[PDB]
Student: 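What follows is a structure written as structure tokens; I'll ask about it next.
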Amino acid sequence: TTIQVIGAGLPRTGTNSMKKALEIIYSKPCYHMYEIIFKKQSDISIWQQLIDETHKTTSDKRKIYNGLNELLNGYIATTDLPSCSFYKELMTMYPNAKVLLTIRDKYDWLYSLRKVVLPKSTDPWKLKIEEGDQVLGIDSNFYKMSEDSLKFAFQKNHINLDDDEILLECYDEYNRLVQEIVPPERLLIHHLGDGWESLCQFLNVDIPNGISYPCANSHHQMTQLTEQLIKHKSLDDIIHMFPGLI
Ligand SMILES: Nc1ncnc2c1ncn2[C@@H]1O[C@H](COP(=O)(O)O)[C@@H](OP(=O)(O)O)[C@H]1O
Ligand SMILES: CC(C)NC[C@@H]1CCc2cc(CO)c([N+](=O)[O-])cc2N1
């Protein structure tokens, strides 16, 4: 197995649904942050080391390529942070892999990002996220890797992540740069709600008969998950309330 599809879209742009859609198309696993959080938390330190490598005056690109290849062994595709920030490196490693850019209205994205991925440092909800994440064993090292991977996608070192205006413009700039870098024939821009048709044509497959395009990972569902993790202090005791998600 080798990487066939590189998902360059940012978190909260429908990447979990695209993960599920690609697993339906190929019948093989697709990487996502959920893989890190719920299956392979040991990958957190590996990703951190690759992000740190990019900060060096002279980064070891072959160390990065091998780290990515090792991380993605057994996967047919990748989506979401932190992998999306490495889409250029992945394009080089997998010259035959096609690129997806999942995209959505920027104001809806920012709202979703603030409720799940990157709340403001003064937002009381941040403490609820953290208490719920402790049930999952997620600690401060995860937040550092996640934040660092987002800054790396935005190609900025010193950035005020609490400024909505700055995030909105980083969002647009990131999406614009993907379209500039990736050749058109190699890129599909998939807007939220687009469904199977464009995706399956791009990938040279038929539309899955009788199987609807996935619709998963809403911020309402993540808020409910946080509150149930805090209330019951166990993922196993609550997993039945979130069918088909993890
Ligand atoms: N088929 C679909 N149609 C419309 N929205 C979808 C969708 N699949 C996922 N989404 C939305 O995409 C966001 C999750 O993306 P990701 O998996 O990258 O984190 C959620 O937005 P909201 O948080 O606004 O509900 C989710 O509702
Ligand atoms: C339940 C909650 C309290 N924590 C678990 C959630 C699971 C979804 C999720 C997705 C991303 C990016 O897809 C990030 N991220 O980039 O940090 C964090 C989280 N966290």
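This chain uses plain numbering: 1 for the first residue, then up along the sequence. Just so it is clear, the values below take in all heavy atoms, side chains as well, and ignore hydrogens, waters and symmetry mates. Counting starts at 1 for both ligands and their atoms, in listed order.
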Student: Quick check: what drug is at ligand 2?
Tutor: oxamniquine
Student: Could you peek at this structure and say which chain has the most contacts with oxamniquine? A name from the PDB entry would do.
Tutor: Sulfotransferase
Student: Which other-chain residues or nucleotides lie under 4.0 Å from oxamniquine, by heavy-atom distance only?
Tutor: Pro11, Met33, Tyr34, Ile37, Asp80, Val117, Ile129, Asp133, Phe142, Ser146, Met222, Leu225, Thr226
Student: Below the 3.5 angstrom mark, is there an N/O of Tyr34, backbone or side chain, next to an N/O of oxamniquine?
Tutor: no
Student: Can you confirm, on distance only, whether oxamniquine has an N/O atom lying under 3.5 Å from any N/O atom belonging to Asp133?
Tutor: yes
Student: Report the nearest protein non-hydrogen atom to atom 13 (O) of oxamniquine: residue, atom name, distance rounded to 0.1 Å.
Tutor: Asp80 OD2, 2.5 Å
Student: Within a distance under 4.0 Å of any heavy atom of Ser146, pick out the atoms of oxamniquine and give their elements.
Tutor: 15 (N), 16 (O), 17 (O)
Student: Of all the atoms in oxamniquine, which lie at a distance below 4.0 Å from a heavy atom belonging to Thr226?
Tutor: 1 (C), 2 (C), 3 (C)
Student: With only distance considered, is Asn217 within less than 3.5 Å of oxamniquine through an N or O on each side?
Tutor: no
Student: Taking only heavy atoms of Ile37, which atoms of oxamniquine are found under 4.0 Å from at least one of them?
Tutor: 7 (C), 9 (C), 19 (C), 20 (N)
Student: At a 4.0 Å threshold, what atoms of oxamniquine neighbour a non-hydrogen atom of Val117?
Tutor: 11 (C), 12 (C), 14 (C), 15 (N), 16 (O), 17 (O)
Student: I'd like to know the organism the PDB gives for chain A, please.
Tutor: Schistosoma haematobium
